[PDB]
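Heads up, this one has trandolaprilat in it.
Since chain A takes its numbers from the PDB entry, the residues it shows come out as 17-614. FYI, side chains are in, hydrogens and waters are out, and symmetry mates aren't considered; it's all heavy atoms of this structure. Start at 1 and go down the list; that is how both ligands and their atoms are numbered.
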Amino acid sequence: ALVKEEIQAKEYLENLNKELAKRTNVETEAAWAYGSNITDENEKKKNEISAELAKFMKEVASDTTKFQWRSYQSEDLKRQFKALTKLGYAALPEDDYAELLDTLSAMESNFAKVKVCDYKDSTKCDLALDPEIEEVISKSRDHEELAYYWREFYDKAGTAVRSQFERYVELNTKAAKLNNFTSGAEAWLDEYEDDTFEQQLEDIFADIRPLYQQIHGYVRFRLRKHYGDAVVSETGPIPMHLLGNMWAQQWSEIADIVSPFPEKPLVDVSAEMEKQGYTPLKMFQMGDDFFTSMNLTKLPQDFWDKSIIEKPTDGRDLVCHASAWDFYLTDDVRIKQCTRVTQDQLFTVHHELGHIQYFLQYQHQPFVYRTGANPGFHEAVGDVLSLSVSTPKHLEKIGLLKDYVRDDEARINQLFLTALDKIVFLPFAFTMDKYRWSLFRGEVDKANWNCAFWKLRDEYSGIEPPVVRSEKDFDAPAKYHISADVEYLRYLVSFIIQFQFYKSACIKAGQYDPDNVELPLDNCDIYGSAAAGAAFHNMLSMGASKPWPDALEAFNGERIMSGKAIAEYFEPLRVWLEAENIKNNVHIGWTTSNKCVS
Ligand SMILES: *[C@@H]1O[C@H](CO)[C@@H](O[C@@H]2O[C@H](CO)[C@@H](O[C@@H]3O[C@H](CO[C@H]4O[C@H](CO)[C@@H](O)[C@H](O)[C@@H]4O)[C@@H](O)[C@H](O[C@H]4O[C@H](CO[C@@H]5O[C@H](CO)[C@@H](O)[C@H](O)[C@@H]5O)[C@@H](O)[C@H](O)[C@@H]4O)[C@@H]3O)[C@H](O)[C@H]2NC(C)=O)[C@H](O)[C@H]1NC(C)=O
Ligand SMILES: C[C@H](N[C@@H](CCc1ccccc1)C(=O)O)C(=O)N1[C@H](C(=O)O)C[C@H]2CCCC[C@@H]21
Ligand SMILES: *[C@@H]1O[C@H](CO)[C@@H](O)[C@H](O)[C@H]1NC(C)=O
Ligand SMILES: *[C@@H]1O[C@H](CO)[C@@H](O)[C@H](O)[C@H]1NC(C)=O
Ligand SMILES: [Zn+2]
């Protein structure tokens, strides 16, 4: 009967979880070897091991039907069994799965191997995105140079893989349907365990959108003063190559030309980092110190022994796009980052170490629970610390920000600088998955796939390509996550919930009081706070053992994803900016782009 079976099922799950952890270790090692060293041999190795694990998952999913798991008393056992039924791509027939793996490695390796010719020297053709092209996009204020690098990169990283992307969409759809989801959109959304999740995000985005429109309007106004009206129009979408980022996802790199008060300080600690002899090692050691200062877990020896924290100097191809890795044993966690000594990179280091901390916090959990409460939780951890590291308060403590006077004008500069990252990103992140969802769901005909991309970027972000594109081009895969098949909604969720975590951690630390002028949210530093660390420990140690509202509740007693906290952080900016835009008669909104020919 059921009482005896539930006891046996508990024993079954205990052994299977350990077996899954061990088998996944092997897959992860092969994936790591390939990402660190792209060769035909490593690709073959990676894909063959994945195919082996997929075959085993099929056997597992099949075996779950031998247990009456839906009839069990234990919510915990039922949750584990449910996790094991979700095959994802592993549901595909053997040959289809092999084809998908080959398709995915073809796209990611194409992205990783992109090289372009120097704008000034057509003989020198070894410029990679990281660091060469990204350096130009972030630093150059020559609009024709910027336009050149934009076109060269999108042509090579995007258009070149159209046929592979098409087959990937077909196989992704086939896999979703084998799992009885309507499409890959629903398969992705299932990770959030909430059937109203899309509407919730629409509601939150709608609340923040007006602030984005104000930032967009002001930036456009300031760019007109820099480049002239021949380059930037008052009423049209902003030409995206002028925004300091290849994908226009964050605009912090053009802060020096769009800052509210150019005569007052704007935080940019890159020069001081270099002057003080910072290295990638030091940056990671400083991140480690931040976590341990909060009474959280120190980085294990394997991390230091096995991580790659600088771009290799041999001739080899690799994936430089920064990532954090769990090997599902004990204390085997690693980062691979082509680290540079900049302010932006210091935040990236803390982001990636947020993943590592999460891995360490939940490594005692059964295998199926060794992941984030939802994908957004994993992305939020390191960003909460980055918000603190970015404050004038913290940066003065570590001697990177000198002779800084925090008057009302400096505060507006800093809030604006943060918004150029945190608010600007929201419509971007939403469009990445809105686009792919529309393809997965079969809502866009193949003949319209490229202009469907640029239509969303126009509608939500008010940006456009520097040159005319058409259906002869295919631009979406020029973004890493699109070539690498990484869900993006996690980052939209993260940018909302990180402010919920930050606000709460700051209150717990005694660093934020809404009725005290000396403790504003935008200058909170949680460094050294064991109290904030305790909330993190309580939440992160849970892994995916409970639905995410229980994980949020463990942190601050709340159960709802809310835009209240992000709006609260930027409220002083909103008040100032609304008035400043009225003062300067700034045009808000944009006409439909003419940059994608149907
Ligand atoms: C996605 O959705 C799919 C449905 O759209 C779903 O596919 C269905 O899965 C069912 C398995 O759960 C399967 O049901 C079986 O059907 C067999 C006969 O099917 C034939 O005829 C169909 C048309 O009439 C054809 O379409 C098929 O191709 C087949 O030719 C039955 O023989 C079988 O029965 C046995 O199993 C049941 C189940 O027993 C359960 O467990 C315990 C066992 O101890 C029972 O006590 C308990 O009561 C419970 O019922 C037994 O009751 C029975 O005695 C037999 O042993 C079974 O009903 C179905 O065929 C299949 N397709 C369709 C079209 O319905 C996928 O599984 C879903 N995928 C995922 C990942 O969830
Ligand atoms: C650098 C970072 N890299 C990603 C790596 C994600 C990944 C998933 C699966 C296999 C390999 C890599 C991450 O750590 O989440 C990243 O891409 N991004 C995203 C981006 O740069 O597009 C959004 C960024 C928000 C701020 C922190 C960094 C976030
Ligand atoms: C890269 O992989 C090749 C074989 O694919 C191997 O021989 C070589 O040692 C690796 N290179 C480095 C730098 O690890
Ligand atoms: C550090 O964490 C432990 C449990 O992990 C806790 O018991 C202890 O109180 C914390 N240290 C401080 C100073 O609060
Ligand atoms: Zn991340």
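- The parts of the structure that belong to trandolaprilat are ligand 2.
- The main binding partner of trandolaprilat (ligand 2) here is, in the terms of UniProt, Angiotensin-converting enzyme.
- With the cut-off at 4.0 Å and only heavy atoms counted, the binding site of trandolaprilat (ligand 2) comes to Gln265, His337, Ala338, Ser339, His367, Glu368, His371, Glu395, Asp399, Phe441, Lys495, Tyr496, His497, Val502, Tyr504, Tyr507, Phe511.
- Inside a radius of 4.0 Å around trandolaprilat (ligand 2), the other ligands and ions present are ligand 5 (zinc ion).
- Looking at atom 17 (O) of trandolaprilat (ligand 2), its nearest protein heavy atom turns out to be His337 NE2, 2.7 Å.
- Between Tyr504 and trandolaprilat (ligand 2), at least one pair of N/O atoms sits closer than 3.5 Å.
- For atom 3 (N) of trandolaprilat (ligand 2), the nearest non-hydrogen atom of the protein is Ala338 O, 2.9 Å.
- Annotation: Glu395 places an N or O atom under 3.5 Å from an N or O atom of trandolaprilat (ligand 2); distance criterion only.
- Atom 25 (C) of trandolaprilat (ligand 2) has as its closest protein heavy atom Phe511 CE1, 3.7 Å.
- Trandolaprilat (ligand 2) has no nitrogen or oxygen under 3.5 angstrom from a nitrogen or oxygen of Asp399.
- Closest protein heavy atom to atom 21 (O) of trandolaprilat (ligand 2): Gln265 NE2, 3.3 Å.
- When chain A is restricted to the residues UniProt lists for Zn(2+) binding, the ones with a heavy atom within 4.0 Å of trandolaprilat (ligand 2) turn out to be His367, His371, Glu395.
- The dominant UniProt domain at the interface of chain A with trandolaprilat (ligand 2) is Peptidase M2.
- For trandolaprilat (ligand 2), the atoms lying closer than 4.0 Å to a non-hydrogen atom of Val502 are 8 (C), 9 (C).
- Annotation: atom 14 (O) of trandolaprilat (ligand 2) to nearest protein heavy atom, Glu368 OE2, 2.7 Å.
- Given atom 11 (C) of trandolaprilat (ligand 2), the protein heavy atom at minimum distance is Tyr496 OH, 3.5 Å.
- Near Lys495, meaning under 4.0 Å from any of its heavy atoms, are these atoms of trandolaprilat (ligand 2): 20 (C), 21 (O), 22 (O).
- Of all protein heavy atoms, the one lying nearest to atom 15 (O) of trandolaprilat (ligand 2) is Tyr507 OH, 2.7 Å.
- Interface of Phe441 with trandolaprilat (ligand 2), defined as ligand atoms under 4.0 Å from a residue heavy atom, comprises 23 (C).
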